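Drug on board: 10-1074.
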Amino acid sequence: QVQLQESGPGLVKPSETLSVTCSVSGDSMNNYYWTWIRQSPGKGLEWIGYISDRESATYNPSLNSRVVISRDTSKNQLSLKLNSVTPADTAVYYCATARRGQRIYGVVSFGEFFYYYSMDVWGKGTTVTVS
Amino acid sequence: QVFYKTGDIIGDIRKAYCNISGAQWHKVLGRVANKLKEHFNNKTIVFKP
Amino acid sequence: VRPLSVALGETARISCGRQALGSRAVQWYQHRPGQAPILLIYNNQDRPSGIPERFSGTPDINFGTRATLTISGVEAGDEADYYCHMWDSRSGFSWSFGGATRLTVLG
Ligand SMILES: *[C@@H]1O[C@H](CO)[C@@H](O[C@@H]2O[C@H](CO)[C@@H](O[C@@H]3O[C@H](CO)[C@@H](O[C@@H]4O[C@H](CO)[C@@H](O)[C@H](O)[C@H]4NC(C)=O)[C@H](O)[C@H]3NC(C)=O)[C@H](O)[C@H]2NC(C)=O)[C@H](O)[C@H]1NC(C)=O
Ligand SMILES: *[C@@H]1O[C@H](CO)[C@@H](O)[C@H](O)[C@H]1NC(C)=O
Ligand SMILES: *[C@@H]1O[C@H](CO)[C@@H](O)[C@H](O)[C@H]1NC(C)=O
């Protein structure tokens, strides 16, 4: 069973590199696509860019590719590096697993499949504020 | 005078297509190839797009 | 964000705020404050493993039908917010979850 524990710095200096990481226990590392969730206070659930098991990371265009993520093979951990942070962006972070599923509504040969992800496991949550 | 134009697609956007069974088409095309061999000196018959 | 009240002891249906532009495969997640949210329905058809049948959704048969989430009465788990995540062909990837819907029960 996955005991999803997130390493929480608690306080991060503004305009500095961040190390916010989630640990995964007793699970295959490349079994599912790896995704992260960050919810600002007084805001709806916001999903930041996910990283594939092929070490290719989708990025939210709003974040301007500030986040850099590289999954650590040894530590079973998803290391997030956030640069030039501000008090606004810092918030609670959630670690999640995404199951890629494709919905086909026509001829696959032409190409009418779109991939939709399902959040099988959700993060416990770690709250980080600027210091 | 009313000019009828295409406004939008309600739903998915899907390419138009025509489906032809491969087995029946290739059977008939083999028959056509033999009949063309009869009139074309038993040469190998090559259909190309 | 405007929460919708739910009748006490009666199952209630919430309609997804955003509208699909094509064939849709919605994702439903029930957020839990201070804990890990639990996914409710995937592909709007079948419940995930370990999830009760209390949550069900409309099929995508035909067009002109809106996806909905079913809940069982009112409880502590039902009180917390849940989200509707629309996946339609035309829009593409759905980066934003969307507006939140919350259950409120009192008296
Ligand atoms: C010509 O030949 C091609 C093959 O070369 C053939 O292509 C097939 O086209 C059909 C549609 O006519 C596709 O079937 C789709 O499959 C999806 C999922 O597999 C199904 O969607 C389910 O049903 C409804 C949606 O309508 C929804 O309530 C339900 O929830 C959906 N399922 C899920 C899990 O969400 C449908 O059966 C259908 N989708 C539609 C109609 O939108 C095949 O996938 C195509 N197969 C290939 C190989 O491309 C085509 O039909 C042929 N055309 C003729 C005229 O003969
Ligand atoms: C075409 O453009 C007009 C105006 O830019 C817009 O109102 C209309 O919805 C568009 N149609 C499609 C199919 O995009
Ligand atoms: C075309 O349609 C007919 C009847 O609708 C069916 O019997 C036949 O198999 C179809 N052919 C293909 C290639 O789908």
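A note on names: the letters A, B, ... follow the listed sequences, proteins ahead of strands, and every chain is numbered from 1. Contacts are counted only within the shown part of the entry, which is not the complete deposit. Side chains included, hydrogens not; waters and symmetry mates left out as well; all remaining heavy atoms used. Recorded method is electron microscopy, 3.2 Å.
In this structure, every copy of 10-1074 sits at chains A and C. Measured by close contacts, the chief partner of 10-1074 is listed under the PDB entry as CRF-1_AE T/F100 Env gp120. Ranked by heavy-atom pairs under 4.5 Å with chain B, the chains of 10-1074 are led by chain A. Contact analysis (heavy atoms, under 4.5 Å) gives the epitope of 10-1074 on chain B as B/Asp8, B/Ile9, B/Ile10, B/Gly11, B/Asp12, B/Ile13, B/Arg14, B/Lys15, B/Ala16, B/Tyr17. Lab note: paratope of 10-1074 vs chain B (heavy-atom cut-off 4.5 Å) = A/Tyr105, A/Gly106, A/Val107, A/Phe110, A/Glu112, C/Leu21, C/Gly22, C/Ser23, C/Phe63, C/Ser89, C/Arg90.
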